[PDB]
Novice: 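Below is a structure containing oseltamivir carboxylate. Please help me interpret it.
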Number of protein chains: 4
Amino acid sequence: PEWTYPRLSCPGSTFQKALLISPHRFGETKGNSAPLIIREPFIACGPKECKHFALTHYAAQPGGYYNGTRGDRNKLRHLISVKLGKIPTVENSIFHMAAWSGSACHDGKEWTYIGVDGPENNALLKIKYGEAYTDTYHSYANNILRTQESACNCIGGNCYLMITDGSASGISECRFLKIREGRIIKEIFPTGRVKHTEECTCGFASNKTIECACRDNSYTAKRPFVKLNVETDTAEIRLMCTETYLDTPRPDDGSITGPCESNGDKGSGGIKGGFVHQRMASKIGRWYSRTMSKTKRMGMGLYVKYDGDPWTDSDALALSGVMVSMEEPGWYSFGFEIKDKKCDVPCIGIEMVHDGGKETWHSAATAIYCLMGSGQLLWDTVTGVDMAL
Amino acid sequence: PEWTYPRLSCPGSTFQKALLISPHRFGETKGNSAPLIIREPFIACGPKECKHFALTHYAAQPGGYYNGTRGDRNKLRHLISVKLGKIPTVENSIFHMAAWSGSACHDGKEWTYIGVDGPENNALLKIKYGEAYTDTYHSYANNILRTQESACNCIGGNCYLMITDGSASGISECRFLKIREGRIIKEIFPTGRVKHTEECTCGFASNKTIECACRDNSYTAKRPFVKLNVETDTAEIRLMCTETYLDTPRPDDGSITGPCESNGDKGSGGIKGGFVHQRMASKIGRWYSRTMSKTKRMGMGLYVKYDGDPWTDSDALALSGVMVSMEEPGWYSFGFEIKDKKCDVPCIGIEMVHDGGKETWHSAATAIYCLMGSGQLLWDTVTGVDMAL
Amino acid sequence: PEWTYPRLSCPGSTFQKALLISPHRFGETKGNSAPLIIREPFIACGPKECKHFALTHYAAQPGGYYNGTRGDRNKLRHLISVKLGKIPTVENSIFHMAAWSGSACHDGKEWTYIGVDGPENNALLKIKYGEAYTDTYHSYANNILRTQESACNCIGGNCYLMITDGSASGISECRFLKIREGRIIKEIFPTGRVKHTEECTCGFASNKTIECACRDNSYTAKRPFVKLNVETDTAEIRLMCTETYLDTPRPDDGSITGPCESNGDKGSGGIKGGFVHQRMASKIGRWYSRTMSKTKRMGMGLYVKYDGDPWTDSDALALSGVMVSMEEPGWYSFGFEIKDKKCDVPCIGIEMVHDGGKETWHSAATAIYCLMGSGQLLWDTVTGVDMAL
Amino acid sequence: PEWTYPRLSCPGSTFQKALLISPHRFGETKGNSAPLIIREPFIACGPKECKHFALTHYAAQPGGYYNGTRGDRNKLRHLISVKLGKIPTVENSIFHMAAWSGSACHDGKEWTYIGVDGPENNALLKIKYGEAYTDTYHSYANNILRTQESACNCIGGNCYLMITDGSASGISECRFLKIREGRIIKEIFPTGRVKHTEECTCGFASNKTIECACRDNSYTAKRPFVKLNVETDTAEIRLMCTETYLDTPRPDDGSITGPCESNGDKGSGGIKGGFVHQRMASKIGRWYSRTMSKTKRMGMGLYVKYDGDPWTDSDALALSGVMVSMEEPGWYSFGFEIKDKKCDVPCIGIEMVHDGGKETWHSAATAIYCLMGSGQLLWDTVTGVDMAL
Ligand SMILES: CCC(CC)O[C@@H]1C=C(C(=O)O)C[C@H](N)[C@H]1NC(C)=O
Ligand SMILES: CCC(CC)O[C@@H]1C=C(C(=O)O)C[C@H](N)[C@H]1NC(C)=O
Ligand SMILES: CCC(CC)O[C@@H]1C=C(C(=O)O)C[C@H](N)[C@H]1NC(C)=O
Ligand SMILES: CCC(CC)O[C@@H]1C=C(C(=O)O)C[C@H](N)[C@H]1NC(C)=O
Ligand SMILES: *[C@@H]1O[C@H](CO)[C@@H](O)[C@H](O)[C@H]1NC(C)=O
Ligand SMILES: *[C@@H]1O[C@H](CO)[C@@H](O)[C@H](O)[C@H]1NC(C)=O
Ligand SMILES: *[C@@H]1O[C@H](CO)[C@@H](O)[C@H](O)[C@H]1NC(C)=O
Ligand SMILES: *[C@@H]1O[C@H](CO)[C@@H](O)[C@H](O)[C@H]1NC(C)=O
Ligand SMILES: [Ca+2]
Ligand SMILES: [Ca+2]
Ligand SMILES: [Ca+2]
Ligand SMILES: [Ca+2]
Ligand SMILES: [Y+3]
């Protein structure tokens, strides 16, 4: 085997509904299954297999450790995986490492797994290459060192990973790590709008450039948009100029007055957002998702734009279809690419959390839409789950 | 590995009882298992493995989502598989894609999986090659785009698949897709009796010809019998002329008066029907199955005829044996071929549904009969399942 | 890969306790597991893997299909397997074929699986090579066609299998089948004492000879002892002359008066009995087991004799150790050989049935003793199972 | 494949928290899982996989055989394994052999599994190579023949294994076995302080030397420290001279007066103790663990020393971090090494037993710390388990 590289995307002009992973369809009192209580799911693929990752609270439904599964960082939290298509239950899953923030990626030869844990004021990112623990990176703003919550991206054996550190309601200047066979070989300090950037959903815009659509949890409902040159290992960041604000909460589209850099209103709070690339011979499509509701983690819609500079185009994004209706949950979303024989298939997954407050369990299903065929996005996704069962 | 082709069938002159997959033997209140609630089971094999496919309601027994498992098309429905011989439970199964109509096939190199979902008036057939979503085909009569509910058939890397679209009580003109590495490369429009054809059970009658025995749900209890030339990609369809009507409901054998094309009576309603080929040096056997009851989905008998043209022979089909007695359920049946070292073993599977009305769960067992040895078919199959447990 | 042959056994002069497979340790009401209800367990090994076979009633503990699991031949009965060392539960097992009597063996290249089902008066032995159903053999005395209930034996790709047919309290003249790549290529009709022989535990005494220790259920408590020449495909059968009667029930050792052929008393009833070969350069050891009790299926002892002719030696068999004490069940026992890198390891397995009458469940554990090291057999085996749980 | 040898350790200067295997997070009355009741866990790795071993009581939680799971040696006890990262439940585990004391190791080509069972006064160590039972070694001081309770160590296909025999409150002179392809090829009788030595945690200090840190249960709270030359097959043993006594119970550090050989006080009782090597070009680090409490099996601290002779250095060991706080259980600990592509990753596992007295169940979680990155050990481990559930 040899190193993997981004290829031209597979033919198609529309996303369609692909697969639902709803493991809680199986966590009834009256049932006999043990789906793991998770959140922050995400898929990463290699040349032969696609793995469905998530952060588990080390509990199952039905269980007796529902208390604290609405929290985020504890000492029991773990990065787990199953082959995509398998229900992530206690026995099906494999536990990779302790983590309350995670990522993973295949480089053609082997899986890199990333997972941050540690105290809040001195957390610690850890890297595992296949079976071996290989490296770590230390907290630099001493306020909750975090990572992508989605797939990292490897080119010629170099995996690139966003990490961030800083306040949730103040400065969270992010960084990128360059990782080779599990070991950190460069710190890349981005330039530009670096005020606050977290949970980058990165993908290859081409062999030269990784682009990421991130979360600002303090200042704006515009997504910070990262452009990384993987040949000079240089990174720049500016807000997305589009009127189609992709964060949640957000104000009305086009209502943020001023040039492309204006913050301005409803910018505190946020949400991880889907983003994936469709690479064609002489054209690039940028697919995105955002909640159907402006203030709440309900529904998910798919948007798209072809070419241009996202840093300057105020043009509205083309609404492509309703993936999760306003009546269903749509929490985190993320991009990934399945590898066909000679081309890459761009997909967007959606974390569809089952939220009943802190007095019960708290987990998520996963909805997957992929680029397949021509025409219009046809069907929405439901979890099917009743949380009283 | 190289592409697969139909071979001469293994020696034998009789079917025998081979295997029972009854996963609800294990879904008792008192038990500790989770068989998946399914219907439309079907088996397809490649050179080293036979996979047992079904359409699941994304529910298990015992569970709490029995309501709606007597329906057919919903947003939770999925194509699932296990290795044939494994009980399809929550953890053993792999979920392939969202589907309320399905098919699958191996071409020598890889698995093609076919699944239709979407709204009733604009459904959408989707194709997955191994792990990648590769292609789609759109609704053309805007009334419930359907596929085979059984194995597709690949020759020299070209998989051929029946699709139909149309009213259940009127015109449902079918089509064939020719699929190569997961992508559609030709639409084949059949000629002749094309009034209504659905759920074709197709097999290779040879290296030149796919033949299918199908359902007409409107007009006749004679099966539409499709002959597809895979060298010119041309398809012709006519009713089976035999007095041994294979659909359900049906009238008395021989009682449909007139030439081979006469409809005539009890033609509305139907059932998917077993059919598999026994290819000998200079002789072809055609094995079929049909319910033991004339109006109900009870029992299943095996029939056979050697040579001739099914389009013209009114000759009764030879009753070969009672596979499932009149006292047991016999719903859908389908054909498939296991690959021995140097020859192909023709088999017929039987969907044996556990029907207790819409106020309880609704799933199926799977009975398998294969061509093995000489003599007379010896033993019938029972599910052993009591639905009250 | 190439065909397998018997080799010289591994160094050692004593059996020791190896492994217990007691799946019902896990079938409590208060538990969350589903061990399969079985009987007639047996192990067969190939060059990389040892498989643990059993006949299942298609039920689990805890379940609701306990009624009829004390019977033997029904329509739900199946041959199942797990990798030796795995608990045979619903999900771990693979179902091979419908069978109420079975056997299996590896030939170096692939698994042959044998299973008889069918009506009592016209049962049917079926053969499956890997995934394919390949051949069948018909009932010849129209009274319960049966097979070994243990591993068949393959040499240079020819697997040899005892089958019997006939009354349980009268004549049951056995036969041997010679099987190549799943197909029957010769019927071998044994000569000599052929009055009644069933459940042969066969092994290779060398490259030229298969020997079997069998059950007579009518006439004697001496084991019929089969010697098969695999070079001329000829079989001969005579009672075992030893005073150490291996059947159950049996009279006192040495109390059957007359020459080696005398029946005489307590001969009706019987039990399948362990037997395995230790092949050394210029010496052959014959290891056997028999119940600790003379009339009941309680306890199991290991016996041994080096060289001689079992057909003529009235010498007592050397008592080698107590494998299951008189307080624990010892039902069927069987021999098998694990393959080390350059030598074969002879083993004896013991079916330890959990019997509580027909008003509850009826299954078995499996105790394994193998040839390992020097000295005296050290420890006995218990199921650990309380049947009220 | 070829034989494996100790390599230079991977870069790093600190241990960090890696993974928690807490299978009882899933053994609630309210749940639907079956973790196995175990103790004496330990990990051993080969070139592609790390296996998590334990000694099971052949019972699960929840279940009905909690009585006797606080004992140690019974006839049901087994050596079991899962792939490290998998929860050891009934179905995930593989049962290797009956054992109430165990070890295992990869040699580059295959797994050796070691397991002692038998009566107290004539126990029996058994060896299995892959699938085959290959050899045994007999009790020599007729008082509980014991082995390491952790990974053996293979160099050039020779696996070396500590065994001990003797009273728990008197003389237990240990021995080493040298095992090749599952067969014993040399007995090594150590010299020096051989009064009492059990449960050696051995690793390669280099290509020439295995070193072990062991338990004296009678005489001292200093660990016996074994140095084995694998080129001349000679072993020597002396107390560790450090003031940082690693056993439990123990007195105050430095308070044992006299030279390096002084016993003296609180020496009865003991605990198996973590110990792993960090091999650098021209420097060796020795990492150890010991309970946070002086008398109780509570907490676990990581210690380290670079170079010197542990037989003579009274220097205090460097306290490196708190792995399990005083509030959590810290029973047995052990060392092991994961294999990265070109270097070995030293790790220390911690048995974190759930002890509620003999009137309830008794099993353990497993905490893993590995050498990864630079800086200070950052986070402690908790089981998360409430034993009332
Ligand atoms: C750390 C700040 C960040 C934004 C508030 O918290 C995230 C919000 C979450 C959320 O908004 O869904 C869930 C994440 N588990 C959480 N992250 C971590 C690493 O704990
Ligand atoms: C669309 C009508 C058609 C036959 C009239 O429905 C089928 C009948 C069924 C049946 O005849 O058993 C069950 C099938 N699950 C169903 N098909 C779909 C695709 O939903
Ligand atoms: C045909 C009778 C014969 C001996 C009495 O049968 C065996 C007896 C049995 C027994 O004595 O345990 C159990 C076996 N399952 C049984 N075989 C069948 C095929 O039913
Ligand atoms: C035999 C003496 C030894 C030290 C007292 O006992 C050990 C005590 C234990 C303990 O002290 O944790 C657990 C061990 N499972 C047990 N050993 C065996 C091999 O059965
Ligand atoms: C990227 O580079 C590799 C060669 O290194 C090439 O095979 C691949 O086609 C290129 N990808 C794109 C998207 O051009
Ligand atoms: C079909 O063609 C292939 C060669 O392409 C051949 O190997 C096979 O035997 C043929 N099958 C039949 C049924 O004639
Ligand atoms: C049996 O024959 C084969 C060669 O065909 C040989 O390799 C093997 O050692 C022989 N077995 C015995 C037990 O002599
Ligand atoms: C040990 O020896 C082998 C060669 O046999 C070598 O490859 C390896 O690097 C050596 N290990 C150390 C720690 O020096
Ligand atoms: Ca925001
Ligand atoms: Ca009809
Ligand atoms: Ca008898
Ligand atoms: Ca001590
Ligand atoms: Y399970």
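Here is the naming used below: chain letters follow the sequence lines, and residue numbers restart at 1 for every chain. Just so it is clear, the values below take in all heavy atoms, side chains as well, and ignore hydrogens, waters and symmetry mates. This entry, so its header tells us, was determined using X-ray crystallography, 2.6 Å. When a ligand or atom number is given, it counts from 1 through the structure's own listing order.
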Novice: Counting duplicates, which parts of the structure are oseltamivir carboxylate?
Specialist: ligands 1, 2, 3 and 4
Novice: Can you help me out? I need the name, per the PDB entry, of the chain with the largest number of contacts to oseltamivir carboxylate (ligand 1).
Specialist: Neuraminidase
Novice: Which other chains are heavy-atom neighbours of oseltamivir carboxylate (ligand 1) at a cut-off of 4.0 Å?
Specialist: A
Novice: At less than 4.0 angstrom from any non-hydrogen atom of A:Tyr332, what atoms of oseltamivir carboxylate (ligand 1) do you find?
Specialist: 7 (C), 8 (C), 9 (C), 10 (C), 11 (O), 12 (O), 13 (C), 14 (C)
Novice: Please report which non-hydrogen protein atom sits nearest to atom 12 (O) of oseltamivir carboxylate (ligand 1), along with the residue it belongs to and the distance in Å to one decimal place.
Specialist: A:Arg297 NH1, 2.8 Å
Novice: Can you tell me the protein heavy atom closest to atom 20 (O) of oseltamivir carboxylate (ligand 1) and the distance?
Specialist: A:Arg73 NH1, 2.7 Å
Novice: Among all protein heavy atoms in this structure, tell me which lies nearest to atom 4 (C) of oseltamivir carboxylate (ligand 1), with the distance rounded to 0.1 Å.
Specialist: A:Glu198 OE2, 3.1 Å
Novice: Among protein heavy atoms, which lies nearest atom 19 (C) of oseltamivir carboxylate (ligand 1), and at what distance?
Specialist: A:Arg146 CG, 3.7 Å
Novice: What's the shortest distance from atom 16 (C) of oseltamivir carboxylate (ligand 1) to any protein heavy atom, and which residue and atom give it?
Specialist: A:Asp72 OD2, 3.4 Å
Novice: Starting from atom 15 (N) of oseltamivir carboxylate (ligand 1), which protein heavy atom do you reach first, and at what distance in Å?
Specialist: A:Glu40 OE2, 2.5 Å
